[PDB]
Amino acid sequence: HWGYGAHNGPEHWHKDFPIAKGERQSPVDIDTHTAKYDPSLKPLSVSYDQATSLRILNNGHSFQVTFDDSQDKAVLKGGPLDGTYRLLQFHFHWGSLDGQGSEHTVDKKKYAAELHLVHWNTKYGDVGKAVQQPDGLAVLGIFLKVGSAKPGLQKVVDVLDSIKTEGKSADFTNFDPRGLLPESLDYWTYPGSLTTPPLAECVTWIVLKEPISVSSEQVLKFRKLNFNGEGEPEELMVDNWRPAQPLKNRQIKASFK
Ligand SMILES: CCN[C@H]1CN(CCCOC)S(=O)(=O)c2sc(S(N)(=O)=O)cc21
Ligand SMILES: [Zn+2]
């Protein structure tokens with residue numbers, strides 16, 4: 001099935017998911033000189049104080065931390081959004097080398113990794129319905145650069161040994177996602193899609209301007225995960241990013257001048 005290899009990677013996805021060649025695909029390159037400052041955009045409101053994390057799992061494409069989304073406990077509002085979006089999960093994309101790994105780029109610059117916090121619009125009642133709507137999901141994207149360690153990420157890094165291979169999961173309670181946010185919440189926003197199959201065009205992207213720093217030791221631990229299941233030939237989980245797609249008839253807006 002689909003993946004990130006020579007024979008099943010992003011250049012092949014359109015054969016099973018024709019919307020890969022659609023009009024609002026992600027990720028995109030953010031051209032900072034062509035983005036438009038929009039003073040009508042509100043500040044983001046991130047309310048994560050009551051977040052309840054549940055599990056961490058290797059899904060064969062990335063690793064994911066899942067949250068209890070059965071009530072409004074961890075929500076995103078404001079910015080370009082109408083209504084309330086509940087945090088469902090976060091995951092990362094990363095590279096084999098420090099100079100690649102992010103999905104979005106900024107003036108063609110690639111970061112070492114990209115963190116996606118995935119939220120769904122509560123008016124649609126469940127995430128399955130939300131993915132069928134043009135305003136169903138909001139994904140907060142945060143770039144990672146290599147430098148100083150991020151203390152709030154260490155709890156994640158320390159459990160990765162226990163989910164090395166596809167299909168492994170572990171209890172992961174009491175994790176506070178506020179520890180992954182940068183100082184500033186200034187952002188770019190544009191209408192886009194999931195960056196993995198099914199590539200649904202249901203996402204309002206909110207990409208933060210300020211990267212977080214993580215240490216080389218932290219990102220090295222990501223690169224030791226496996227795409228394969230236990231008992232299969234080892235293939236390291238690296239370069240699980242989709243390249244930038246055509247902007248087409250979209251404008252990227254910025255919350256800041
Ligand atoms: C390996 C599958 N990853 C998909 C899963 N989901 C898709 C199915 C939900 O249907 C019920 S998801 O909405 O949690 C989401 S968000 C992104 S991204 N990279 O942020 O655009 C990928 C995904
Ligand atoms: Zn993602």
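FYI, the numbering just counts along the sequence from 1. Only this structure's heavy atoms are used, side chains among them; waters, hydrogens and symmetry mates stay out. According to its header, the structure was obtained by X-ray crystallography, 1.7 Å. Order of appearance sets the numbers: ligands from 1, and atoms from 1 within every ligand.
The drug located at ligand 1 is named brinzolamide. Taking the chain with most contacts, the partner of brinzolamide (ligand 1) here is, per UniProt, Carbonic anhydrase 2.
The shell of residues around brinzolamide (ligand 1) (heavy atoms under 4.0 Å) is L88, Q89, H91, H93, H116, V118, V127, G128, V131, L137, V139, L194, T195, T196, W205. Note: other ligands/ions under 4.0 Å from brinzolamide (ligand 1) - ligand 2 (zinc ion).
Short contacts between brinzolamide (ligand 1) and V139, defined as distances under 4.0 Å to a heavy atom of the residue, involve ligand atoms 20 (O).
The shortest N/O to N/O separation between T195 and brinzolamide (ligand 1) falls below 3.5 Å. Within brinzolamide (ligand 1), counting atoms from 1 as listed, the ones closer than 4.0 Å to a heavy atom of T196 are 2 (C), 3 (N), 4 (C), 22 (C), 23 (C). Of the residues of chain A in contact with brinzolamide (ligand 1), the majority fall within UniProt domain Alpha-carbonic anhydrase. According to the deposition, there is no covalent link from brinzolamide (ligand 1) to a chain. Close approach of brinzolamide (ligand 1) to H93 (heavy-atom distance below 4.0 Å) involves ligand atoms 19 (N). Against a heavy-atom cut-off of under 4.0 Å, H91 is close to the following atoms of brinzolamide (ligand 1): 17 (C), 18 (S), 19 (N), 20 (O). For atom 16 (S) of brinzolamide (ligand 1), a protein heavy-atom neighbour is present inside the 4.0 Å cut-off. Judged by heavy-atom distance, the UniProt Zn(2+)-binding residues in chain A that approach brinzolamide (ligand 1) within 4.0 Å amount to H91, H93, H116.
Within the 4.0 Å cut-off (strictly below), a protein heavy atom is located near atom 22 (C) of brinzolamide (ligand 1). For atom 8 (C) of brinzolamide (ligand 1), the nearest protein heavy atom is 4.0 Å or more away. The ligand atoms of brinzolamide (ligand 1) that sit less than 4.0 angstrom from a heavy atom of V127 are 11 (C). Of the UniProt active-site residues in chain A, the closest to brinzolamide (ligand 1) by non-hydrogen distance (1 Å) is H61, 4 Å.
Of the protein's non-hydrogen atoms, the one nearest atom 12 (S) of brinzolamide (ligand 1) is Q89 NE2, 4.2 Å. Residue, atom and distance of the protein heavy atom nearest to atom 10 (O) of brinzolamide (ligand 1) are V131 CG1, 3.9 Å.
With hydrogens left out, the protein atom closest to atom 13 (O) of brinzolamide (ligand 1) is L137 CD1, 3.4 Å, a heavy atom. Counting only non-hydrogen atoms, the residues of chain A annotated by UniProt as substrate-binding that lie closer than 4.0 Å to brinzolamide (ligand 1) amount to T195, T196. Which parts of brinzolamide (ligand 1) touch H116 is read off a 4.0 Å heavy-atom cut-off, strictly below it: atoms 18 (S), 19 (N), 20 (O).
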